[PDB]
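Next up: a structure with fosmidomycin.
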There are 2 protein chains.
Amino acid sequence: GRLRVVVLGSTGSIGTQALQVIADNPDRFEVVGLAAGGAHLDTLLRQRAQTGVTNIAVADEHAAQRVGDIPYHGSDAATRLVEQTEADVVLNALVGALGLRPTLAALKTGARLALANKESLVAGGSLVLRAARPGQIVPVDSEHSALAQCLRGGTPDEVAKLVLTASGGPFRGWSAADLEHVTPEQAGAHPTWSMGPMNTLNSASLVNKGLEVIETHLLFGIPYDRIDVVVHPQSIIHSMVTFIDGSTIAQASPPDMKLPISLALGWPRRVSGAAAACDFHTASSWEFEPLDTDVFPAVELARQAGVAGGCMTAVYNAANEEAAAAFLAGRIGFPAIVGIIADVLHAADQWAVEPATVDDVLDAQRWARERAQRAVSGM
Amino acid sequence: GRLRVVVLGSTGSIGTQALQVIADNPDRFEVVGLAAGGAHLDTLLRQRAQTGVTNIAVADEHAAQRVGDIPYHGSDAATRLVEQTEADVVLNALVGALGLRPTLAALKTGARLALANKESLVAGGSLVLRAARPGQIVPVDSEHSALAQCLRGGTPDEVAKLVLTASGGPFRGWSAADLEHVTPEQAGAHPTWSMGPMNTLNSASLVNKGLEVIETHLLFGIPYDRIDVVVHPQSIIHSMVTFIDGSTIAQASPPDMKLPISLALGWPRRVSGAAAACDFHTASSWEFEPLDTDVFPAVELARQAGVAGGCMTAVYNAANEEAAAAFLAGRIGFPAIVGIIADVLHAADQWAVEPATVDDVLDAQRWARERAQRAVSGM
Ligand SMILES: NC(=O)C1=CN([C@@H]2O[C@H](COP(=O)(O)OP(=O)(O)OC[C@H]3O[C@@H](n4cnc5c(N)ncnc54)[C@H](OP(=O)(O)O)[C@@H]3O)[C@@H](O)[C@H]2O)C=CC1
Ligand SMILES: NC(=O)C1=CN([C@@H]2O[C@H](COP(=O)(O)OP(=O)(O)OC[C@H]3O[C@@H](n4cnc5c(N)ncnc54)[C@H](OP(=O)(O)O)[C@@H]3O)[C@@H](O)[C@H]2O)C=CC1
Ligand SMILES: O=CN(O)CCCP(=O)(O)O
Ligand SMILES: [Mn+2]
Ligand SMILES: [Mn+2]
């Protein structure tokens, strides 16, 4: 039958790509809700006009003032839309802290949650896991989607290791000395129209990989010492699972987020024609190499944060946001991003307690931000 | 509740590796029958002593006499061993189309057929299929083991293509002129697998891969035009499945037949520690290139034979067996192997008829062997 889909973050990269998959597959999906921030209000309004969906939410009141016929506006607008809309699937493609409450609300409705919002898991952690039922959360990102597919190759008891691939970023194979003089531009901080500067930087710093390692633990219930990372420059193999017999199962496709998006939406059913497959008519190679964890310790730090548990991963992420921004403003050098994360985490043991509420997570993030600010400024 | 396993061809490459898996896993497996040709009595006698199994078949009458007290001897020994031994699994690791009757007898008992002896299924065609219940034939071949694992990545209707990898053999990259000079000693080399001299030859000539394409169609019911072959010199990726959404699922491990053996014996349950896993703590690459079908047409000829159906696959194999014997004896050049197969196949119009009995298959092979000898005489 047709799945009713709520798209949260309809004006961003994931959201718009999802809407294309849905437009291409009217047999499999129908949009029944759209939520956006308001920065791209004009796009949301064009989306209302194109899709015919009037069930929309805008967070920013100022932006909402420009329209006068938005059913959900102001803070918690997305959350209210989720609470009040009958749906089969909620795609949470919201950015940052504010994806958390809608994740919780969507889980309570009993819909499947196609999750892109990293903060829901990296920050929300045990709040989100205690609220979600088995199979309810389906990951949107390429590595997690790949692991979900590869896990089909055996029972849960047969898994030995999860292996995330990592592009390695622009500084793949760079020495510590090389990294000393990395500039914001080199770190891929261009005013690229769709993605924010943080995504390319997190990729370059290997912090994104650490975040993905944390999310892997929470999604698939695999201990951190069994979650590995290999550097794979082509990004054709999106991740792999190694089983107890020594067999490894791997997922491969030319880069294209429409594949994992389509699969998250239709899970467990694949969407015909979603993306192009690997073509073996011209010679190619898939290369693998280890990550030098002395030069790139962000993944080791993520495992430490993850193992400590509670709000420690919220701390890891919030420290990064602050240090990364400080790097982009020229307040610190590149190697000092992960240096500050380590300094903040080392000081953060009070946050190992499990959060009872969203406010607990926010307090952990507040603490981590100001602690990172002190480290940056020298105060 | 150990599985009771009869091991046909115990003294060969697959047989010995299989006994090693069983020896390491006495909780899961027990040997209850051994069959061999009689050429390696030292090995067989050691196997009798180490397993404690006296329920033994020896094909060669004189060799069986030399041992004394062999319960089954003569060319029907292996077949009669299968018929009269209660077992849960029959591992058929005989070589050549002579494994046909043991294969048919094994299926008739209701036991799982762990099939290394691809030739018996290639020769038997729909006759073997009609004797099998669904999933009764479980492949030991590394490619088909990989395919079975990767097919867990979706439903049947989601399968777009099956992709077999091929090492490309010792003469990968060689021109037709280069092949003219190939010696039996050069064809006895293999870059990635340690095997008997016949399977090694078949690998060098690509006839092995042709046999495996036919085996794929017969095992999995996928049409020949959706079975691709890609050359992968590392033999780390063992085969892949491409799904309708563009996703490809691949199986990978360092070349070690103990992996597919262990899984075939214990299907669906994996066998802990059966083989070493891919090691991502050191650099490596997985390379792919197209097969050069002009220089190596054996796979195309297999597709032709397979599409024709009936007893045509038996003809393909039998012609190879005769031609291969003549190459190893120094009577014909290396290119003549596949030239003879082409000559025989294209004279075989009458053998497209579906086999009703074993005798139909035997008739087809008898003709093919004579026709192959005619081709050899003409050179
Ligand atoms: N792009 C990718 O491939 C990857 C995605 N992810 C993560 O998935 C999430 C979504 O991906 P992406 O589309 O690129 O993120 P985007 O930044 O491109 O889009 C974010 C969406 O959230 C909306 N939004 C912002 N603030 C609010 C608010 N207060 N209430 C409701 N909605 C709000 C935005 O609306 P408006 O535009 O009007 O502000 C926008 O539609 C991201 O957080 C990203 O980190 C993870 C790995 C990689
Ligand atoms: N070797 C490998 O790695 C791989 C093999 N395979 C397949 O597995 C099958 C077995 O191959 P492999 O183990 O390499 O071959 P081998 O030649 O190593 O072994 C052949 C076995 O069959 C026995 N045998 C020979 N003739 C007869 C006969 N007339 N009656 C009864 N037994 C006989 C031999 O006994 P003896 O010599 O003692 O008389 C020996 O035990 C082949 O069909 C091959 O295609 C597939 C994947 C890879
Ligand atoms: O199952 C494994 N084999 O048959 C050995 C494959 C060697 P090849 O790809 O060169 O035919
Ligand atoms: Mn990713
Ligand atoms: Mn094989």
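Chain letters correspond, in order, to the sequence lines: A, then B, then on. Numbers in chain A track the PDB entry; the residues on display, in order, are 11-389. The numbers used for chain B are those of the PDB entry, and the residues that appear cover 11-389, in sequence. What's counted below: heavy atoms across the whole structure, side chains too, no hydrogens, waters or symmetry copies. We count ligands from 1, going down the list as the structure has it; atoms in each ligand are counted the same way.
- Here, the model contains fosmidomycin as ligand 3.
- Ranked by contacts, the top partner of fosmidomycin (the one with most) is named in UniProt as 1-deoxy-D-xylulose 5-phosphate reductoisomerase.
- Chains with a heavy atom under 4.0 Å from fosmidomycin: B.
- Remark: fosmidomycin atoms within the under-4.0 Å shell around heavy atoms of B:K219 are 8 (P), 9 (O), 11 (O).
- At the top of the distance list for atom 10 (O) of fosmidomycin, counting protein heavy atoms only, stands B:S177 OG, 2.4 Å.
- The UniProt annotation of 1-deoxy-D-xylulose 5-phosphate binding in chain B and a heavy-atom cut-off of 4.0 Å around fosmidomycin together pick out B:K128, B:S152, B:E153, B:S177, B:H200, B:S213, B:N218, B:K219, B:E222.
- Of all the heavy atoms of B:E222, the ones lying under 4.0 Å from any atom of fosmidomycin belong exclusively to the side chain.
- Applying the 4.0 Å criterion to heavy atoms of B:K128 picks out, from fosmidomycin, the atoms 4 (O).
- B:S152 OG, 3.3 Å is the protein heavy atom nearest to atom 2 (C) of fosmidomycin.
- Measured by heavy atoms, fosmidomycin lies under 4.0 Å from these UniProt Mn(2+)-binding residues of chain B: B:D151, B:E153, B:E222.
- Summarising the contacts of atom 11 (O) of fosmidomycin with B:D151, B:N218, B:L174, B:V150, the nearest heavy atom is found in B:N218.
- Residue contacts with fosmidomycin, taken as heavy atom pairs separated by less than 4.0 Å, do not involve B:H154 at all.
- Fosmidomycin has no N or O atom lying under 3.5 Å from any N or O atom of B:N209, backbone or side chain.
- For atom 5 (C) of fosmidomycin, the closest heavy atom belonging to the protein is B:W203 CD1, 3.6 Å.
- Within the 4.0 Å heavy-atom cutoff, B:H248 does not count among the residues contacting fosmidomycin.
- For fosmidomycin, none of its N or O atoms has an N or O atom of B:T175 under 3.5 Å away.
- The organism that the PDB names for chain B is Mycobacterium tuberculosis.
- Within fosmidomycin, the atoms closer than 4.0 Å to a non-hydrogen atom of B:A176 are 9 (O), numbered from 1 in the order shown.
- At 4.0 Å, heavy atom to atom, the residues around fosmidomycin are B:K128, B:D151, B:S152, B:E153, B:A176, B:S177, B:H200, B:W203, B:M205, B:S213, B:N218, B:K219, B:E222, B:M267.
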